[PDB]
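Naming convention: chains lettered A, B, ... in sequence-line order (proteins, then strands); numbering from 1 in each chain. Atoms considered below: every heavy atom in the structure, side chains included; atoms not considered: hydrogens, waters and symmetry mates. We count ligands from 1, going down the list as the structure has it; atoms in each ligand are counted the same way.
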Amino acid sequence: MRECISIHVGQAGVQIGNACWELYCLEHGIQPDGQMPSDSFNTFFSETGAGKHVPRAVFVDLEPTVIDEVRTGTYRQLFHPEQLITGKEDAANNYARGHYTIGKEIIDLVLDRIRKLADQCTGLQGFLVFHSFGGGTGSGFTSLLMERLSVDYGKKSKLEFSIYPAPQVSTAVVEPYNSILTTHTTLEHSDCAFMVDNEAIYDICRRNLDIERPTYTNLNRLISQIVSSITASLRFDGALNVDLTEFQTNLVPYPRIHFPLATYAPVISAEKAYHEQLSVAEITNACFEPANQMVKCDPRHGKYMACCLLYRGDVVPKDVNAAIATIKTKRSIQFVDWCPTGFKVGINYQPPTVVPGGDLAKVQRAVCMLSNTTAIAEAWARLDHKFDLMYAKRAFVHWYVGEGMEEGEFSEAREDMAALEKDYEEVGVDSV
Amino acid sequence: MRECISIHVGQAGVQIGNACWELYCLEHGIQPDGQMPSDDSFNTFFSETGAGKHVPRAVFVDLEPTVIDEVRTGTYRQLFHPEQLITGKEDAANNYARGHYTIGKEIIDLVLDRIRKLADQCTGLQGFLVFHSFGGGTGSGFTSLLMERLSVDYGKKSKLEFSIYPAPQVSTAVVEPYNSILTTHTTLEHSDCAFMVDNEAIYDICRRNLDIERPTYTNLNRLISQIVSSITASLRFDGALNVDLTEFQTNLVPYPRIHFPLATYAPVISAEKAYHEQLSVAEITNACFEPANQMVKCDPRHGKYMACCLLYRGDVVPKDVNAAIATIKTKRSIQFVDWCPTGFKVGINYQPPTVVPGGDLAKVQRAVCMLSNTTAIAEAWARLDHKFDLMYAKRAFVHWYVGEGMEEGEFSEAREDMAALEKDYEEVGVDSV
Amino acid sequence: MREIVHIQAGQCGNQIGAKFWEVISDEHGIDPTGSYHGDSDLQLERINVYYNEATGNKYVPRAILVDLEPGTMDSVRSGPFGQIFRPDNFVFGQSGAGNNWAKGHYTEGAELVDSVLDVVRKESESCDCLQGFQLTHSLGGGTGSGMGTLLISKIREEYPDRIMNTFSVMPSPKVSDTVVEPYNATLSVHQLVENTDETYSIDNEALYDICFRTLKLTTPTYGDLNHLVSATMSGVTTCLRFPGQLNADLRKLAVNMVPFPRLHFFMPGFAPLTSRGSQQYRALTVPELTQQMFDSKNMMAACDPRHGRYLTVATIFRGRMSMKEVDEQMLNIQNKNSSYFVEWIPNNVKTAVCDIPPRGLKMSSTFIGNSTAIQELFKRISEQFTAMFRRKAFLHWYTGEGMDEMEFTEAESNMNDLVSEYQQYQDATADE
Amino acid sequence: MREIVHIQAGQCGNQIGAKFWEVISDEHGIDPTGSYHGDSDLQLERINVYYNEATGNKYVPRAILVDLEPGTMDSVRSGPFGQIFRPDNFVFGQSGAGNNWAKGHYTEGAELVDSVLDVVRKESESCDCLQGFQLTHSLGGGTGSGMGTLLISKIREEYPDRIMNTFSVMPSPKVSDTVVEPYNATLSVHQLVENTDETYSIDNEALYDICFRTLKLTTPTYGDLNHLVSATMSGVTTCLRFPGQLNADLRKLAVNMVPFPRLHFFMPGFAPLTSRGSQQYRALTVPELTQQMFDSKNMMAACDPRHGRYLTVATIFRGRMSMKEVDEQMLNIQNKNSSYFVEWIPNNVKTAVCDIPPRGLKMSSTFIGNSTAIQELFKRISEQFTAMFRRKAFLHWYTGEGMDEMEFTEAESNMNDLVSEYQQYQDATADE
Amino acid sequence: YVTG
Amino acid sequence: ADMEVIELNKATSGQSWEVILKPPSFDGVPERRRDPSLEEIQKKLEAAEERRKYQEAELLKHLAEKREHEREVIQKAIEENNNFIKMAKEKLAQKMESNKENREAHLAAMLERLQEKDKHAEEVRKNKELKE
Ligand SMILES: Nc1nc2c(ncn2[C@@H]2O[C@H](COP(=O)(O)OP(=O)(O)OP(=O)(O)O)[C@@H](O)[C@H]2O)c(=O)[nH]1
Ligand SMILES: Nc1nc2c(ncn2[C@@H]2O[C@H](COP(=O)(O)OP(=O)(O)OP(=O)(O)O)[C@@H](O)[C@H]2O)c(=O)[nH]1
Ligand SMILES: COc1cc2c(c(OC)c1OC)-c1ccc(OC)c(=O)cc1[C@@H](NC(C)=O)CC2
Ligand SMILES: COc1cc2c(c(OC)c1OC)-c1ccc(OC)c(=O)cc1[C@@H](NC(C)=O)CC2
Ligand SMILES: Nc1nc2c(ncn2[C@@H]2O[C@H](COP(=O)(O)OP(=O)(O)O)[C@@H](O)[C@H]2O)c(=O)[nH]1
Ligand SMILES: Nc1nc2c(ncn2[C@@H]2O[C@H](COP(=O)(O)OP(=O)(O)O)[C@@H](O)[C@H]2O)c(=O)[nH]1
Ligand SMILES: [Mg+2]
Ligand SMILES: [Mg+2]
C-alpha cells in the first residue's frame, strides 16, 4: 500500500531523522512506544500483532555516538534494534573513507535490513535518503548506498534531503570536497533532491525565531516542519491534497535538473504576541520573500520552470486563487518560454502541528513552495569556487588518495559540476 | 382465384401495411380476429382456414423488431399468423448497403420461404404489392434485394410498388437521397408499375384539408390507406376497371421504364369540418386536376399526359361523369402526347369510401382517384438527383456504403441510370417520328 | 441495436460518469437503491438501453468502473448513487498512473486491461443485441487518457462491428496546472481519430469560461464544470433513452453525422446555461432557446462556430412546446447565416423533440455540431505540445516507460493532418 | 576511533608525560591510587580514551614508560600519581644513551625496542577500536630522539592505518644539556616528517623566553618550563577527553589541520600565561583571551606568526563563557588580520568551547596553528647543525656507533627541503 | 489554479 | 368537336368505359442484357462479402501491429531497466576493485620504505663492528 522507506545516514541524517519521526508521531497520534488511541500513515509506519506502529526507516552511521543517543532516548522502543545500525570508527570527514575503506565493511548489512523492510511492502513507492553533503559518512556512505539501491531496486524512486554546508553552522575545511564528490556520484541515481542550506535555516532561526545562537535541535525542528510539509501528501488522505509525486512531474523536466528550491511560511516564534492571526495573501507573499528560502539564492534574477504551492490547515480555494493573482502583477515571476505559468497547488486538511517543548508558534494555516528555478545553480557555484581554491594547490587531496582514491576522480566530479552549471544555463535560454 | 400477395418492408412499409389491412378489414366486414358475418372477390387478398378465419395474403418484414412487435401485440394480432411477421435483430441504420448486402443476406431465404408458402395457397397468383420507403436502409436495400430474387423465383409475375418519397418536413435523414437513387436503379427493371407517395404532399393535405398543423404517421398513413384501397378496390371487389395487376401496366405503362403514375384523390374532408352539404361529381372531378390534391409534388401543366384513369367510388352514375368530363375538357389544357389519344379510362365501384371510426377523415357518399401517366413526374426524380449530386461530388457519407462491401462505381451506375430515366421522360414528350 | 455498455475510466471519467448515472436514473424514475418509483410508463419502455433487469424490482446500470487508483472508487461508492452499481464491475488498481499516458497505455494499464475486458465480455453476452459502447474519460491525465484509449483499441479488436462513442474532456491551463497534459491529449487524440466512431469533445477551457464569464462564478469548481457536462450527456442521450421519435440508435447517428471517417469529433452545446443553486423563474420561449444554442457562449468546445462551417447538425428539444415553432426557428437561423452550413450536404441540420423535460427546467435544447471550427481546439493542444516538445521537456517520464521520440513526432503529425482535413472541407465549395 | 595508547620516552619524555597524567587525572576526578572521586559524570564519558578500566573502581593510564636509563622512571614512580601506572608497562634499560641519537636509534635502543613493542601489542589488543598513538619526547637527547623515532617507524610497520601524534620538544642553547643537540634534532626531524601524522612543536627556546621575559623568572627550571607544556597538553587534548564538539578524534583533526603530508608540525600556544603553583588568579576576558592568539609572546614555538601565513587554525576555549562572544571575536581577528590566513583554504580557523576549565584557571584558551612561520624553528636548528657539521665537530660520537657522513648530509637536505616547502605555500597566491 |  | 363513349366492361359492384375526347395527333411505328439469373446475383453478393471481410481482415492486421508495438515498448522498458542495473553493477565493481588495488599499493609502498630503513639499521650495527 504505496509505502515509503526513509534512510538516515551520518550524524545530520540521524539527527534530522529524530526530529522528523518525533513530529510524524505527533501528527498521527503515535506514542514514543509505538501505541495509538482511537489510514494513509501506513505508508511511513508498519504494524505488528501488538498494535505497535514501527517506522519504515533505517538509521545508519559508521560511528556509534549519535545512534546510541536514539537507542537510549525518548524514542527507544519506537524503532526495532535491527533498524539502527552502527560501525566502530567514522569516516573522519573523508568521502573516500565512507565510500570505500569503512563503507565496504557495513554496506551488505544495511542493504540486508533495507531488503527486510522492502519485503513488508505490497507496493513500495521508493526511498527518502537523509544526509549531509559535508560529513565523511553523509557523503561517501550515501553515494555508495545510492549506487547499490540502484542495482537492487532498478528504476525505483529515490529522493534526497541533503544538508548544504555553512561556515556559521559548524563546517570543516574539506566539506566543499565531499559536497562535490557526493553530488557527482549520486547525480544519476537520484530522481529528486531537496537541498537545505544550513545558513538559510540559521538565518531564519535568528531573524524569525529570535535565537542568537541556534542549536542543532532548533535547526532540525525547523527542517522537520519543511520535511513534514513535503511528506504530508503521502502520510494523509486529503480531498484538495495534491500528492508529492504530481509536484515531482512538474518539478523535474530533465533527469539532471532535479533540485527544487523550498520556501516556507509562516515561521513565527512561540514567544511573540499570537493575537495577529494569518491570511492566505500574507503567506503567498512570504512564499516569494528570499528570507524564507531553504537555500540562499536569487530567483528574482532567474527563471522558473515549475512553481508549486503546498498548503496545510484552514485554506479555501477562493483565497488561494486571489493570492496566486495580485502577487504575479506586482512581483516579476519570469517563467521559461517552454513552460506554462500557473502554480500547482496542493491543500492538506491536517493543520501544522508543533512540538510542545519547541520554539515554533502554532498556526491555523501554513505553506511550502517548491519551485524549479535556474537560481539554484548559484549554490553549486559557491561550493565549486571553494573546491577550486583548495584543488588548485591539491590541498588535503592526500587523505583521499591515501584511502585508494585517484586524483582523476576529483577532476571528473568537478567536470560534472561544470556541466550541471552549463545545463542550468542552457535550460533558461529561450527557444526559436 | 386472381390472388395478390402484399409485402411490407421496413418501418414505413409495415406501418402503411397496418393502416391498409385495417381499412380492408373494415370494407369487407372482417373483425380483428379474422371473423366475418357472411361478392367473393375479397379472397384475392384474404385466405380462409378451417375455423372460417380470414388471413391476409401478406408478409411483414423488418431487419429490426420494434415496429412488427407492435403488430404482434396490437389490435390486429389475432389476424396475421406468427410465421408471416418476420424480424431481424439489428436494422440497416439508413444504409442501403446494409439492407441489401450485410444484414439483408441473413434473412432473404427465410422471407422467400414464407412467400413460397403463401404462393402454394394460390390457384392463380396475379403478383405482388411491395410497400417500402425510399429513404430507410431496409426500405431501400432489402426491397431491391427482394425484387431481384422475386424476379428469379417468380419469373414474369407482376410486381407493383407503393414507395415513400422522402421529405425534409416529414422526418428524413441526410443519406436518404443516396438510398432513394440506389434503390430506384436496382428495382427499375424488376418493377412493372410503381406509385410514389411524396411525404410532403401527404403532409400538406394533412395541414390544409384535415387541419392538423402537426400530422403524425397515423394521420399520414390513414390518408395513404384511402388512396391504396382506391387502387385495389377493383381487385378486392367485383369491379370492371383495373381488375388485374397486368391491367395496370396496360392502362398506364407504355414503356417498361416509364412506370410511375401520378395519383390524385378527392374529396379529402376533415371529420370536424362542421356538418356542411355534400359536394357531388364535377366538384370532385375538378379537384382531380387541382395540384394540391396530388400524391407527388410536381406540375402536370408543364408535363404531357400519356394515360389517364378515373376511379370513382360510391354513388356515381355514368350520366354525371360524362357531363363532368365535358365541363373539365373546355378551357382546361391537359395536353396529351401526339401518339396517345386525349381522354380517359373510367371506372365506378359501387362500394362506398369507408372510414376508420376513430379517424380524422369525413365519410362521403362519393369519391375519386385519378391515376395518370405524366412527364411531370420526372421533376420528383430531378429534386432527388440534385441532392445526390451535391453530396456525391465531395464523396460525403460514401465510406459507410464502401465499408459494407459496396463499390464507388455502383454510385455512378445508379446516377447514370437516373440521368437516362430523366432523358427518357424528355424523349417521350417530343414529336413522334 | 438495443443495449449500450458504459465504461468510465480515471478520476475525470468516474467523476463525470457518476453524475450522468445520478441524472438519468432520476429522469427514468430510479432511486439510489435501484428500484422504480416513477409516474409514466415511458420511463420504462427503453430502460434496457442503459439498465439491466435484476432479480425482482432492481434496475442495475450497465456500467464498468475503471481506475488504477483506489481513491476514486471509494468516493463514487460513498457518492449519491454508489449503491446502484454492480460491485463486480469495479475494476480498480493499487498503483496509479501518475497523470502519465505511457503508464496508463503501456505499463500499469496493460496489467489491468484483461480484468476490465472480462467484465465487458460478461456484460456484452447478457445483451439481446449490443448497440455499442460509451466511454467517459479525460485526455489530460494518465488512466483515462492512456488506459481509456488502450481499452478502446482492445474493444475494437473484439467488437469491430460495434459503435464506439466517447465523452472526451480536453485539457486547459485555465483549469489544471499539470504540465504534461498537452502530451497526454496529443497521444490520446491520435487514438480517438483511428478507433472511435463518435467523440463528444467536452473542452475544460469552454466549461471554465461558461462558469466564469456567463455563470459569474469567480472560482469555478469541478462540480460547477460537471453540472454543464451532465446536462449535455442527458441531452445527447435522450433519443436513445425515451420513445420521443423511435428507431434511432448509435449507428443511425454516426451514419448521418459523420460524412468522413476521421472527422467524427462533435462540438456539444446546451441551452439554457444553468447553475446548481440558481432559482430561475418559469419562462423561456423557443426563438430565444434556438438563438442561445447556436452562439459561441453556449459551446462545450472553445471554438468559434463562425470561424468554420457545419458539416452536420443535430438539435434536441425537451418539454411541452410547439413543434411548428421549432422547425420555423431552425431554418430562420440556417437562411440567415447560410455561409456557415456546407451547401454540399442538403438538409444537414436535423431536429428531434421529446415531451419529457429535464430536472427543474420546463424546456431545454441540446446542440450536437460537426463543425470544421473544431480545428481551433486541436491547434490549441498542438501549440502547447510543440512548445514543450521543441525542447524535449518532461520526455524522460515517457521514454522511461519504453516510449520513443518517434511516437511523439507521429502523434503530432496525425494531429496536424486532422487540422488540414478540417481546413480542406472548410474551403470546399460545390461550384464545380 | 576510541582508545589512544600513550608512550613516554627519555628523560624529557617521561618528565613531561608524568605531568600530563597528573594534570589530566585531576581533571577527570582521579586520585593517585586510581579511583574516581569527581562530581560531574562528564569526567567519565570519554575516560576510555586515555584510561583502562581495571578490576573494581580503578582507572589505569594506557601509558608505556620507556628509557635506557633507570633514573627518571624511578623518580616518576615515586612522584605524584606515579603509583597509578601499570608496573609491567615500565620498559627500562641500564646503559643509557649518552644524549647520542645513534645510541638510541641503532645501538642501545634497538636492543630494548622489541620489549617495548610487546607492551604496545598487549595494550593495543585490549582496545575496542584503537584511535592511535601519542609520544612525548625531546629531539635534543638520545633516548627520546633516537629510540623514540625508532619506536615510531616500528609502530608504523605494525599499525600503518593508525594515527601517530607526537609532543616533540625542540632544543635551545639558552636551556641546554649537550653541544650535539642540533645533530640529534636534525636526525629526528627527518623521521617525524616521514612517519608522523601530527607533531606538536614544543620549543624550549620559546618556553625559556616565556619564563624569563614574561614570567620574570631569572633562572628558569625544567619544572617552570614543564608547567607551560602541561597547560598546552591539557588544552590540545580537551576535545578527545570531553564531549561537546564531539565525533572528533585524532584522524578528523589530522584531515582538517594537515593540507600537505609533510607539513604536519603545529605551533602550539596558550592564554593566559602562568607560573607553576604560583598563580594568584585574575579574570581573563574573552576579547583578551582571543587577543593572545596572534601573540608571538604566547607561542610555544619561537616563531613570529606575523612572519608567515596560517594554513589552518584550531582554537579551544575552556570555562564558563558566552559562545556568541567567542565566534564574533574570532571573526574580528580573521577580518582584521586577513593577510595572515591563506585565501586558498576557505574557513581555515575552527573554534571549540568546553565548560570544564583547567586546574586553578577559571578561563583559558589553547591555540593550535599550522603556520608557514614554523620554518624559523627549522632554520634555527639547520644553522646550528651546519656550524658544527661544516667542521665535522663531534662526528666521531656518531660514526663510532656505525653511522656515516652520508646520513648527516641527507638529514640536513630533508630539513632544507621542508623549509623550501613552507616558503612555497607562504608565497602561494590564489590568483584573484 | 485551485478548482475544488 | 364532340365526345365519343367507346365503353368497356361491366360487373356486379362496378362499371367501366372509355371517353375519347380528341383523337391521337400521330399514328405510327415507334408508338446483351441476358438478365437476371441466380448466378449473377450471387456473384455480385459474394464479391461484396469478399470486399467487406477483406477490409475487416486488414483492420485486424493494423490492430495486430498495434498489439505487437505495445509488446516492444514494454520490452524496451524492461531491457533498459535490466541494462541500467547491469552497467551500475560493473561500474561499481570496477570502482571498488580500482580503489582496493590503489590503497593496497600505497600501504605496500610505505611498508617497503620502512623495510629499507630496517635494512640500513642492520647495516649500521655491522658498520660499528671492527675487531682490532
Ligand atoms: N542541520 C544540521 N546539520 C548537521 C547536523 N549534524 C551535522 N550537520 C552538518 O553536517 C556536516 C557534518 O557532517 P556530519 O553529518 O556531522 O558527519 P557524518 O555524516 O556523520 O560523517 P563523519 O565524517 O564520519 O562524522 C556539517 O556541515 C554540519 O553543520 C544536524 O544535526 N543538523
Ligand atoms: N408516410 C410514412 N413515412 C414513413 C413511415 N416510417 C418511416 N417513414 C419515412 O421513411 C423514411 C424512413 O425510413 P424507414 O422506413 O423508417 O427505415 P427502414 O425501412 O425501417 O430501414 P432502417 O434504416 O433499417 O430503419 C423517412 O423518409 C420517413 O419519413 C410511416 O409510417 N409513414
Ligand atoms: C578532537 O579535537 C579536534 C578535532 C577537530 C578540530 C579541532 O579543533 C577545533 C579539535 O580540537 C583540537 C577541527 C580543527 C580544525 C579545522 O580546520 C580549521 C576543522 O575544520 C574542523 C575541526 C573539527 N570540526 C569542527 C566543526 O570543529 C574536527 C577535528
Ligand atoms: C439516436 O439519436 C439520434 C439519431 C439520429 C439523429 C439524431 O439527431 C436528430 C439523434 O439524436 C441525436 C440524426 C441526426 C442528424 C442528422 O443530420 C445530420 C440526420 O439526418 C438524421 C438523424 C436521424 N434521423 C432523424 C429522422 O432525425 C438518425 C440518427
Ligand atoms: N470537467 C472535469 N475535468 C476533470 C475532472 N477531474 C479531472 N479533470 C481534468 O482531467 C485531467 C486530469 O485527468 P484525470 O482524470 O484527473 O487523471 P486520470 O485519473 O489519470 O485519468 C485534467 O485536464 C483535469 O482538469 C472533473 O471532475 N471534471
Ligand atoms: N621542556 C623540557 N625539556 C627537557 C626536560 N628534560 C630534558 N629536556 C630537554 O631535552 C633535551 C635532552 O633530552 P633528554 O630527554 O634529557 O635526553 P634522553 O633521555 O636521551 O632522551 C635537551 O634539549 C633538554 O633541554 C624537561 O623536563 N622539560
Ligand atoms: Mg559523523
Ligand atoms: Mg427501420
Pick the drug at ligand 4 from mirabegron, cefoxitin, dexamethasone, colchicine.
colchicine
Counting heavy-atom pairs under 4.5 Å, which macromolecule has the most such pairs with colchicine (ligand 4), as named in the PDB entry?
Tubulin beta chain
Using a heavy-atom cut-off of 4.0 Å (strictly under), which other chains touch colchicine (ligand 4)?
B, C
Mind checking the PDB entry for the source organism of chain C?
Ovis aries
Return the name the entry uses for chain B.
Tubulin alpha chain
Write out the residues of other chains lying under 4.0 Å from colchicine (ligand 4), heavy atoms counted.
B/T172, B/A173, B/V174, C/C239, C/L240, C/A248, C/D249, C/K252, C/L253, C/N256, C/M257, C/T312, C/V313, C/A314, C/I316, C/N348, C/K350, C/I368
